[PDB]
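Thymidylate synthase in complex with CB3717.
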Number of protein chains: 2
Amino acid sequence: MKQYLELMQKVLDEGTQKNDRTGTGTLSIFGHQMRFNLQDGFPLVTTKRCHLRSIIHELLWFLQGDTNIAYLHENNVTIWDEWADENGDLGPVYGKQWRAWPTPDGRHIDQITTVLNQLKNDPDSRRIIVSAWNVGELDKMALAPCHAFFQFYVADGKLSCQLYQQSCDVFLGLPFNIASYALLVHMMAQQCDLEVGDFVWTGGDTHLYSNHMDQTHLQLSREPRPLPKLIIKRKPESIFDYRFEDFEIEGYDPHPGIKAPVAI
Amino acid sequence: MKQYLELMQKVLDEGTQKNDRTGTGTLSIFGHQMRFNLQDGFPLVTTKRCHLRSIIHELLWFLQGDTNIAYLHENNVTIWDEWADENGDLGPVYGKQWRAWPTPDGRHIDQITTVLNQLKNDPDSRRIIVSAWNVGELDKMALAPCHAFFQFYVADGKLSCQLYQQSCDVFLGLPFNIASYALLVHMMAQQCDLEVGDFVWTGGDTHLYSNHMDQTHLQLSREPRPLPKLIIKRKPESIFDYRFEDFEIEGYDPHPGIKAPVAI
Ligand SMILES: C#CCN(Cc1ccc2[nH]c(N)nc(=O)c2c1)c1ccc(C(=O)N[C@@H](CCC(=O)O)C(=O)O)cc1
Ligand SMILES: C#CCN(Cc1ccc2[nH]c(N)nc(=O)c2c1)c1ccc(C(=O)N[C@@H](CCC(=O)O)C(=O)O)cc1
């Protein structure tokens, strides 16, 4: 999108060369922010074809509080394969923290449920937050959450959401996350009878991997196309009852997909 | 400061009227980010006199893991009085989460020391984070932490830090928070033998209380003066051994102070 392409160019122009845990190398900048007015259309990138299938099942997978990739396989999404253990477990990542954050005294907190109730009973709240950054359980995760802190905000019937992404793979992960959260916002707005507002993206260590230069240059020379339109076919009785079939994207005409190796 | 004044003018121009848990009412925007290059000078607002005494002692208090106001009283700092209970207790807030986040298995994580160790041995890590947003203990806190998530970053021998402030009182609280973290950055940098880089401030619900409007316009009519200089007269053995007297602020010639009420 114009904002996304602009960020890519910034990394290439101002990025600092860094050696990462994978040994591949990265171009990096620290601190950036983009805003997507959801009224203008769904923020699914068009300068490269994105697969909405894996994006939607992952989100539904999170909402169920599931951390085993079994469900993702049932739907042919393999984005989490290389971090799962021999049994397909990732540890207490996203899904677990969102649905049942463990307290030191044994109880459990369902942040999604509390968020739903805050939006309905106390929309003006300044602490409508979901955090996946559970310090005392990080060592148990097969990987540290790269998008671990987000906040909802309501003003004039509109529902907005800001996501702080501490670590960000610009080429592979970013397009995925923008679409994923814009999706959650639409879902939330529907369950709470609100209009969709803005999706604010805030980055920390925002990088571009060394073996992605070519693909980035290719994508940068393409012209962005009008954003698609998200359509929700039916309104389920809760935020936990959605299915892949309920979503329909419309008017999505992207440039051809771009293959790129993942840094493991 | 230029950036601060521009933020204020921004919430006044694009802000929406909202109500809050107190009943005062606020003018508010959602999503903002500004950067401070710490080598340009120490970011202490000059368009009104600020209280260094209070800012320094609060930070030293946090670093010790203290959550009782006794220490602050021994040094004539009353900024926390309204929220302390009969015994001076605030519950497990900033100081406790920073130095001793409780895990489910009975352990406690000292985030400050772990971050110091990461800055020395793994400065390229993208997980150099400190969080005060302990979902499992929110109900024991006198207040919900408003500046609960920050990240460190190293590049070209310079230490940077980004704070995500979910709820920000722009008139009263922002000047304090900006100076507080800028100070933490200097202390961190001195302990790791790094130079200071940027301080990036990102806000969620960024607001101005209704009864701060006249004071805001009064301040907006002033010309920011040159930024002061921070001089550290000693290099303590640890990040935990700093004293109020180790710090010297030079060239601080601010406009007169502007009094305003705190919305409890
Ligand atoms: C972010 C995120 C989600 N993820 C999983 C993922 C990977 C690393 C992480 N790292 C961290 N720290 N946190 C995470 O949550 C995390 C999640 C993704 C993984 C791969 C692709 C990917 O390979 N995309 C390719 C091919 C997609 C396909 O199979 O069709 C592409 O062309 O886009 C996208 C998203
Ligand atoms: C942020 C923060 C720290 N704090 C404490 C404080 C107060 C409310 C909070 N509210 C929330 N949600 N989170 C917090 O962490 C929090 C912290 C401050 C409190 C008062 C002043 C204040 O009244 N400043 C006035 C008077 C100063 C004085 O003379 O004593 C001024 O003129 O500046 C500044 C900082």
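Read the sequence lines top to bottom; their chains are A, B, and onward. Following the PDB entry, chain A residues are numbered 301-564, in order. Following the PDB entry, chain B residues are numbered 1-264, in order. Every heavy atom of this structure was used, including side-chain atoms; hydrogens, water molecules and symmetry mates were not. One-based numbering, in listed order, for ligands and for the atoms of each.
With a cut-off of 4.0 Å on heavy atoms, the other chains touching CB3717 (ligand 2) are B. For atom 11 (C) of CB3717 (ligand 2), the nearest non-hydrogen atom of the protein is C146(B) CB, 3.6 Å. Looking at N177(B) next to CB3717 (ligand 2), no N or O pair under 3.5 Å apart turns up. At least one N/O-N/O distance between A144(B) and CB3717 (ligand 2) falls below 3.5 Å. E58(B) OE2, 3.5 Å is the protein heavy atom nearest to atom 3 (C) of CB3717 (ligand 2). For atom 13 (N) of CB3717 (ligand 2), the nearest protein heavy atom lies closer than 4.0 Å. Protein non-hydrogen atoms do reach within 4.0 Å of atom 34 (C) of CB3717 (ligand 2). Within a 4.0 Å radius of atom 9 (C) of CB3717 (ligand 2), the protein has at least one heavy atom. The closest protein non-hydrogen atom to atom 22 (C) of CB3717 (ligand 2) is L172(B) CG, 4.0 Å. Atom 26 (C) of CB3717 (ligand 2) has as its closest protein heavy atom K259(B) CE, 5.0 Å.
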Tabulate distances under 3.5 Å between N/O atoms of CB3717 (ligand 2) and N/O atoms of the protein, writing both atom names on each line.
unit_1, atom_1, unit_2, atom_2, d
CB3717 (ligand 2), 12 (N), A144(B), O, 3.3
CB3717 (ligand 2), 13 (N), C146(B), N, 3.3
CB3717 (ligand 2), 15 (O), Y94(B), OH, 2.4
CB3717 (ligand 2), 32 (O), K259(B), NZ, 3.4

